[PDB]
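Throughout, residue positions are numbered sequentially from 1 according to the sequence presented. Counting starts at 1 for both ligands and their atoms, in listed order. No hydrogens, no waters, no symmetry mates; every other heavy atom, side chains included, goes into these values. This entry, so its header tells us, was determined using X-ray crystallography, 1.1 Å.
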Amino acid sequence: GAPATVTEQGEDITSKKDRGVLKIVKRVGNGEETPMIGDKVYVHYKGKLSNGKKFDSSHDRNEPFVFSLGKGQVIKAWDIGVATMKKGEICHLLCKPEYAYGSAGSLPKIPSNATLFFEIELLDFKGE
Ligand SMILES: C=CC[C@@H]1/C=C(\C)C[C@H](C)C[C@H](OC)[C@H]2O[C@@](O)(C(=O)C(=O)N3CCCC[C@H]3C(=O)O[C@H](/C(C)=C/[C@@H]3CC[C@@H](O)[C@H](OC)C3)[C@H](C)[C@@H](O)CC1=O)[C@H](C)C[C@@H]2OC
């Protein structure tokens with residue numbers, strides 16, 4: 001399924017080249033521009049654990065998740081991955097724990113040492 005496919009066929013988008021964050025573009029976005037550091041970004045997402053369980057979805061809340069890009073307001077894999085996206089893009093990201101919640105996890109949804117799968121849609125980005 002999709003997690004296996006991004007694991008086996010994804011693009012390493014880390015600067016270190018450590019395969020910590022792998023990406024597949026699933027729906028091509030608009031033009032060429034990507035957000036810049038500090039932009040307000042609006043996304044929709046779904047997350048799955050490596051045991052198959054769906055741990056979260058913003059769609060189910062009928063509201064996007066909004067944060068300021070490149071500020072550490074999200075796990076590393078999201079700052080890195082969202083920065084690569086065009087407006088209207090949908091991607092899959094596979095996130096090793098060093099770019100996610102590490103050995104601590106996140107109580108209660110995320111165990112220790114968890115590799116995470118996300119589907120992310122970049123709805124919009126705005127300078128403030
Ligand atoms: C504290 C008050 C609650 C506050 C909760 C909200 C605003 C509601 C908001 C929709 C979050 C979700 O609530 C439904 C829920 O989203 C997940 O399910 C999820 O999909 C996820 O992975 N996300 C969310 C989307 C952005 C990426 C990532 C994240 O980076 O999330 C961030 C995260 C957990 C960062 C930790 C913070 C501690 C550091 O030590 C650790 O460092 C490695 C990283 C979120 C946004 C936090 O900044 C803010 C909060 O936590 C988490 C699995 C658990 C999280 O609920 C807790």
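The main partner of ligand 1 in this structure, judged by heavy-atom pairs under 4.5 Å and named as in UniProt, is Peptidyl-prolyl cis-trans isomerase FKBP5. According to the PDB, the drug located at ligand 1 is tacrolimus. Residues in other chains coming within 4.0 Å of tacrolimus (ligand 1) by heavy atoms are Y45, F55, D56, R61, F65, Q73, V74, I75, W78, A100, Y101, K109, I110, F118.
Below 3.5 Å of separation, one finds no N or O of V74 facing any N or O of tacrolimus (ligand 1). Put simply, atom 7 (C) of tacrolimus (ligand 1) has no protein non-hydrogen atoms near it, under 4.0 Å away. Taking every heavy atom of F55 and a limit of under 4.0 angstrom, the matching atoms of tacrolimus (ligand 1) come to 18 (O), 19 (C), 20 (O). Closer than 4.0 Å to atom 30 (O) of tacrolimus (ligand 1) lies at least one heavy atom of the protein.
Tacrolimus (ligand 1) is contacted mostly by residues of chain A from UniProt domain PPIase FKBP-type 1. With hydrogens left out, the protein atom closest to atom 11 (C) of tacrolimus (ligand 1) is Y45 OH, 4.6 Å, a heavy atom. Inclusion of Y101 in the set of residues having an N or O under 3.5 Å from an N or O of tacrolimus (ligand 1) is warranted. For atom 55 (C) of tacrolimus (ligand 1), the closest heavy atom belonging to the protein is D56 OD2, 4.9 Å.
Contact annotation for atom 27 (C) of tacrolimus (ligand 1): protein present (non-hydrogen atoms, distance under 4.0 Å).
Which parts of tacrolimus (ligand 1) touch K109 is read off a 4.0 Å heavy-atom cut-off, strictly below it: atoms 18 (O).
When only interatomic distances are considered, the shortest N/O to N/O separation between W78 and tacrolimus (ligand 1) does not fall below 3.5 Å. Within a 4.0 Å radius of atom 43 (C) of tacrolimus (ligand 1), the protein has at least one heavy atom.
The PDB entry lists the organism for chain A as Homo sapiens.
The atoms of tacrolimus (ligand 1) that sit less than 4.0 Å from any heavy atom of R61 are 10 (C), 14 (C). Using a 4.0 Å threshold on non-hydrogen atoms, atom 16 (O) of tacrolimus (ligand 1) counts as touching the protein.
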